[PDB]
*Asks:* 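Taxol + Tubulin beta-2B chain, experimental structure. Questions below.
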Amino acid sequence: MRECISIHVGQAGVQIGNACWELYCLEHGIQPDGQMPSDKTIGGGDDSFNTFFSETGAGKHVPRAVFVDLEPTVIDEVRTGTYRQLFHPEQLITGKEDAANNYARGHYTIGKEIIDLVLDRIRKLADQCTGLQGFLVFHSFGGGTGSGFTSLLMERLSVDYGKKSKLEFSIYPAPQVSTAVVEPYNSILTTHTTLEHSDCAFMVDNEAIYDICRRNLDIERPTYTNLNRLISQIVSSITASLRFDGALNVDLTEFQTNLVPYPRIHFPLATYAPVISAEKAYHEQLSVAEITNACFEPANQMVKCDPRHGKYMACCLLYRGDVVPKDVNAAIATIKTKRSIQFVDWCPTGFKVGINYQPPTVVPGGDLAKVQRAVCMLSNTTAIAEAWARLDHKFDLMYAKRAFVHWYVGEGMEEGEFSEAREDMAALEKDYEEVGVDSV
Amino acid sequence: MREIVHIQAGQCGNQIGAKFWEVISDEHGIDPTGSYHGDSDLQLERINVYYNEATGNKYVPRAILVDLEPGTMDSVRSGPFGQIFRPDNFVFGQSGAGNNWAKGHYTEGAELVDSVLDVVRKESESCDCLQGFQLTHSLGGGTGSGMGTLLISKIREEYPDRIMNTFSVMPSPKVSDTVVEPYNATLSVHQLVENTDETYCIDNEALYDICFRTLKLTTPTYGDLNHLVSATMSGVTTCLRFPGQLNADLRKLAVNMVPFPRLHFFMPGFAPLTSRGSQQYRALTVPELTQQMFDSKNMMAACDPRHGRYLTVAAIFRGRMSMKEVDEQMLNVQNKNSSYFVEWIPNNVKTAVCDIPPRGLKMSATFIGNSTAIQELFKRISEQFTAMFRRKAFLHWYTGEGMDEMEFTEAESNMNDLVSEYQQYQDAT
Amino acid sequence: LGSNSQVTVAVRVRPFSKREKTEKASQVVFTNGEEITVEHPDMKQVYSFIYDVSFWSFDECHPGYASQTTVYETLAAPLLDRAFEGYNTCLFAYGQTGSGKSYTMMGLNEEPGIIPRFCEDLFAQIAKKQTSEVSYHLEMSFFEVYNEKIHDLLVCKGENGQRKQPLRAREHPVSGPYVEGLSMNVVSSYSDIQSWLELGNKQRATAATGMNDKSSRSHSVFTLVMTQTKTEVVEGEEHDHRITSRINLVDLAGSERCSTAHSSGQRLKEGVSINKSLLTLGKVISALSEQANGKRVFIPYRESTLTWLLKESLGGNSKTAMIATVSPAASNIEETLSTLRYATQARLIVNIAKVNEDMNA
Ligand SMILES: CC(=O)O[C@H]1C(=O)[C@@]2(C)[C@H]([C@H](OC(=O)c3ccccc3)[C@]3(O)C[C@H](OC(=O)[C@H](O)[C@@H](NC(=O)c4ccccc4)c4ccccc4)C(C)=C1C3(C)C)[C@]1(OC(C)=O)CO[C@@H]1C[C@@H]2O
Ligand SMILES: Nc1nc2c(ncn2[C@@H]2O[C@H](COP(=O)(O)OP(=O)(O)OP(=O)(O)O)[C@@H](O)[C@H]2O)c(=O)[nH]1
Ligand SMILES: Nc1ncnc2c1ncn2[C@@H]1O[C@H](COP(=O)(O)OP(=O)(O)NP(=O)(O)O)[C@@H](O)[C@H]1O
Ligand SMILES: Nc1nc2c(ncn2[C@@H]2O[C@H](COP(=O)(O)OP(=O)(O)O)[C@@H](O)[C@H]2O)c(=O)[nH]1
Ligand SMILES: [Mg+2]
Ligand SMILES: [Mg+2]
């Protein structure tokens, strides 16, 4: 049995989790209470698969989640909401003392009182698993919880488990939009601690999804719900191979070995192209080639970066529904000819591929269409060197004057730990121009 | 659960406090008898913040009244919402401050602050988790300024890992309502600059101009001024009481607004504020509120943001809304009005958004700015002082209660240092 | 009145400490005579730092081994000769925990540092010149900074668990800052200082931390006010005009990370304060350097307590000295760069020091 433990840190992680579990529970048939009528309708089966759920002898299907956070205004919405009879009451909220948007508070002072319990619950979730493949941490670079507590947990699990994938979906900071004056610091301080343990750190930006919704759904007032639903769809497409049967099935160890060439360039971008209203559902064929070309469209990315300011280094393309293979191979041929989509001299293949036979779900009250051929892509480029450089410069304009550091020293951080976390990111940005230098 | 201890020192403080409790009780569903008579369920979930449960599901606030004359105590207890407090928290005395800072910090506050700190110890040790404090006072007199500064010092010695938010009615340029304003304000600034985490500077001339121009009021009393101030005080601490999409408590704002530990004096500001008649001629959207909050005419601190550069700005929205419009509008403000911000902070804004708006509104918002204009206030206080101190205007009424000339020179030097620290960031680097 | 004076800075390496010797640490810092170079284990780049004096204490027989009686005759003896004309002087020590600053200034019982050498050589340099013409006075006090609270160390604390009265600081309009309640005791001979230091250091809040067996959790300041009453051309009364000098000797606390120095409870609560004070003792050096270029700036003196007292020492009327002590292990590479990048900053500070003399009036 395959199994994955989805961990959800901070407000962003929990809200993405809410969307994710709404989605999974619609996909399988498990209801919010936790019951599964489909075991009693036809006679039985595996209707809600044990990779992302559990079973209890009475029939309450129970998820493998942890749902950590350090302020209770969010998990208490879960306890009091529709998805209250589903989760196990051990949801490891503190009740106390939010991380104040500094790494220090979530890493050393207010994050040491709960991590000894997270490990207990994860042990209890893993000892009840016959075959554990990895983790899925959903956090947000920018705050103290999702920067520090994730870094701490990913250092403790690297010791405990070690031989298991530790993948991490993250809300990457945008160049222009920001909700804090301290996101560059937190991000630089986070990568330092997660460029050594994590094995694939998937990234998204909210600016990209704003623009996606604008151009492709006719939403001029998008909120976080509709964003987190698209993230939920990415999390379904990355998981569809474990919960369904298909032709090419990509386990969670089959990304780590196909997208991370070097152990530090493991920050891939994501994208999910058929974003369409019910209006433009019609007036579109929605075939494989249209999508695969739409997935390499710069204005259909989920990260504010130009793919043409770099070169691709890996691609994993995962389809859902009525997809035949040569409709893909034709499309990868269409993409291996275009001069704009430029690959490295050292990765000629660069086109991992997966197919699956369950189409996507659609939630009521949603902003997405019923589509018989959904697609996701996970790319590894040299474009995010410029984003990392922008964060480096944001940092360098502030650490020059040592601004906001007296609020980090306060909670257990020395001033030499900012210069030690800035050197590593410069080394990385140099390891992004070491790779685009063509070989002789 | 996060928890605040409200202290009310002086006539101004107690009036604004009463007005604030009348607002929070309306917001949470509490009658003057401490009984819950609300409609929703999002009111009780986070009622531990400002209130404590008594016996029969009756609610008593964590107010600690304080004064040296018993004149406003009786104005409260006789008032409408005054039978909700706790009589053993109406600490008072006699022998008023005489609008003397010496009397309030050395003579008649030295004889009463221990009782106040006993009540503070009692209300703070009765708490699962403390987030900080909230004192209202008035630079210009002796009770508020003196006694509150002393209390802040003793607490920040006793509870130093906690917030000490302070809501202060500063003195105004054109008109005085107390004749020894500069001395008192300078001393209180010497005490708060060194012992606070966030100070909110309110000025009554700005509120007068609001009430005359925006609200189109003809006979505006002080109850109206406090109905304005209570609003933003409410809003600084609503993501601790209600849920939302981006949640921002006090420590978050203190981390994202204070670059250096001294420049924590802020221009506050409210949202929707419109004339009673002219609300049908207006739209209720985030751009309306962004252009209503980033204006000179909707502040309280009597200081022009156009004569400075915003080091920081924070915006706490309350209502069902989009964050695209929030981020885009704040970015438009950073981009268009670039000369009113700082270069070495790439994004000078913070956005917090909540879900439950106030009683009869669908969209409210609360503005907390840190600008280099505030120095002007201090500059004035460092000029009036210099004309009164160079000749020792009213100084024998301060020396005569155990004070020395050194305590004035120090304060002057420190306030001027603060002005210079706000000023060096006023240039183009 | 006054002269331009580049702030003096010196650098000094320590031999491999016992714990890092058990870990089998790789040497990273080297001296090409004066210039220091730091190579990583990565050897991706090689930073180089230049100073005015570069000591060396790795092993006792390297050519260039500056001992404890070499960091006097090169650094502190000029500060002694410059306090005979009348200039105020200072000598303060930066570094990290285990970098060896409380072993340089004060030494150990068999290896004495600068305080004993300074005092005993001064009294040796006074009885060589003292006559019936000009007098020689000396007073001394010895205070510490613990968790943003000043404390005196030469106040014999007796019968209570907290005989630790917290004193306060104040700003004199002309004489600059000063501490209120500071025992300023009088001395005549080196035998009088050894009994104060013997008591003061026993009172200094030391503790046992992972970085070293006896780790100071305080900044210590040590004053010596020497006033000489001179005689010269007059009408009547002589012994009137007098030249005054203030020698401050400062031994700081260290950067200390929480992982490298296993600590909880109270040790972690003063760790934060050392770090905030030394976070502000950096801004004061950085921003004073930025004054050399004409760029108008504000020096955040009042952000902490120590940089508020030593305000006439860094700028102001003081001929100052920064001894900078750094470790040679590769585990201490992410903190030695921080020390040396501030030492190179301190050299650019120009402060105006003037002989102090007041005629009777
Ligand atoms: C039809 C309608 O919606 O009436 C509105 C109204 O039209 C206006 C005039 C209200 C009105 O506000 C004032 O008249 C006012 C007077 C002096 C000082 C400040 C305000 C209103 O009184 C204010 C009051 O606002 C509230 O209900 C909030 O809950 C407000 N209330 C109180 O503070 C309060 C005080 C004492 C007793 C009971 C409630 C509030 C604001 C912030 C935080 C909590 C509560 C409301 C809906 C209105 C009237 C009644 C006209 C406005 O004010 C506020 C704070 O929202 C003025 O602009 C807004 C919205 C409207 O323009
Ligand atoms: N996509 C998405 N991003 C969010 C959401 N909520 C917050 N964010 C982003 O996450 C960033 C950091 O905020 P949080 O993630 O809530 O901070 P945190 O991880 O919870 O840590 P704390 O500050 O202690 O609460 C913000 O700047 C937002 O850009 C969300 O619901 N969806
Ligand atoms: N040059 C040197 N030669 C020999 N031993 C030295 C030298 N420098 C330092 N040491 C030893 O290193 C140890 C630590 O020195 P110490 O002066 O306590 O560092 P420190 O900076 O005081 N620690 P802290 O006060 O917490 O910063 C002492 O026991 C010294 O004997
Ligand atoms: N907003 C408001 N301000 C007040 C009120 N009463 C006094 N003030 C202001 O407070 C200052 C005087 O403070 P005061 O109340 O006399 O302080 P105290 O006598 O020491 O308690 C003046 O500048 C007034 O403008 C009030 O009811 N509301
Ligand atoms: Mg949060
Ligand atoms: Mg020491």
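We name chains A, B, ... by the order of the sequence lines, and we start the count at 1 in each one. Heavy-atom basis, side chains included; hydrogens, waters and symmetry copies ignored. Counting convention: from 1, in listed order, for ligands and their atoms alike.
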*Asks:* Provide the full list of ligands or chains for Taxol.
*Replies:*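 You'll find it at ligand 1.
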*Asks:* Quick one: other chains with a heavy atom closer than 4.0 Å to Taxol, which letters?
*Replies:*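 The other chains in heavy-atom contact are B.
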*Asks:* Any N or O on B/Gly360 sitting closer than 3.5 Å to an N or O of Taxol?
*Replies:*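 For Taxol, there is an N or O atom that lies under 3.5 Å from one belonging to B/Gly360.
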*Asks:* Do any non-hydrogen protein atoms sit less than 4.0 Å from atom 60 (C) of Taxol?
*Replies:*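 Given the 4.0 Å limit, the answer for atom 60 (C) of Taxol is yes, a protein heavy atom qualifies.
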*Asks:* Which atoms from Taxol have a heavy atom of B/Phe270 less than 4.0 Å away?
*Replies:*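 Within the 4.0 Å cut-off of B/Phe270, Taxol contributes 42 (C), 55 (C).
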*Asks:* Within the structure, does at least one protein heavy atom fall under 4.0 Å of atom 48 (C) of Taxol?
*Replies:*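 False for atom 48 (C) of Taxol.
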*Asks:* Note the single closest protein heavy atom to atom 58 (O) of Taxol, along with its residue, its atom name and the distance in Å.
*Replies:*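 Protein heavy atom at minimum distance: B/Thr274 N, 3.2 Å.
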*Asks:* What protein heavy atom sits nearest atom 18 (C) of Taxol, and how far off is it?
*Replies:*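 The protein heavy atom lying closest is B/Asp224 O, 3.3 Å.
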*Asks:* Closest by any non-hydrogen atom to atom 30 (C) of Taxol: pick that one out of B/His227, B/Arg276, B/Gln280, B/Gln279.
*Replies:*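 Heavy atom nearest to atom 30 (C) of Taxol belongs to B/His227.
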*Asks:* Tell me whether B/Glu27 has any N or O atom under 3.5 angstrom from an N or O of Taxol.
*Replies:*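 No, B/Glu27 has no N/O under 3.5 Å of an N/O on Taxol.
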*Asks:* Look at atom 40 (C) of Taxol and say which protein heavy atom is nearest, naming residue and atom and giving the distance to 0.1 Å.
*Replies:*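 Heavy-atom neighbour on the protein nearest atom 40 (C) of Taxol: B/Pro358 CB, 4.3 Å.
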*Asks:* Which organism does the PDB entry associate with chain B as its source?
*Replies:*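 By the entry, the source is Sus scrofa.
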*Asks:* Short list, please: which atoms of Taxol are under 4.0 Å from a heavy atom of B/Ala231?
*Replies:*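 Numbered from 1, Taxol contributes 42 (C).
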*Asks:* Please report which non-hydrogen protein atom sits nearest to atom 53 (O) of Taxol, along with the residue it belongs to and the distance in Å to one decimal place.
*Replies:*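 In this structure, atom 53 (O) of Taxol has B/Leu273 CD2, 4.5 Å as its nearest protein heavy atom.
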*Asks:* Taking atom 43 (C) of Taxol as the point of reference, which of B/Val23, B/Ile24, B/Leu228, B/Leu217 owns the nearest heavy atom?
*Replies:*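 When every heavy atom of B/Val23, B/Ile24, B/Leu228, B/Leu217 is considered, B/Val23 comes closest to atom 43 (C) of Taxol.
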*Asks:* Report, in ascending order of atom number, the atoms of Taxol lying under 4.0 Å from any heavy atom of B/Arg359.
*Replies:*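 So the answer, numbered in order with elements, is 27 (O), 29 (O).
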*Asks:* Starting from atom 10 (C) of Taxol, what is the nearest protein heavy atom, named by residue and atom, and what distance separates them?
*Replies:*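 Checking every protein heavy atom, the shortest distance to atom 10 (C) of Taxol gives B/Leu361 CD1, 5.0 Å.
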*Asks:* For atom 39 (C) of Taxol, grab the closest protein heavy atom and report residue, atom and distance to one decimal in Å.
*Replies:*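 That would be B/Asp26 OD2, 3.5 Å.
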*Asks:* I'm curious which residues sit within 4.0 Å of Taxol, going by heavy atoms - can you tell me?
*Replies:*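 Using heavy atoms under 4.0 Å, it comprises B/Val23, B/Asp26, B/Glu27, B/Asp224, B/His227, B/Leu228, B/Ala231, B/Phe270, B/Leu273, B/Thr274, B/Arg276, B/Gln279, B/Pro358, B/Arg359, B/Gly360, B/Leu361.
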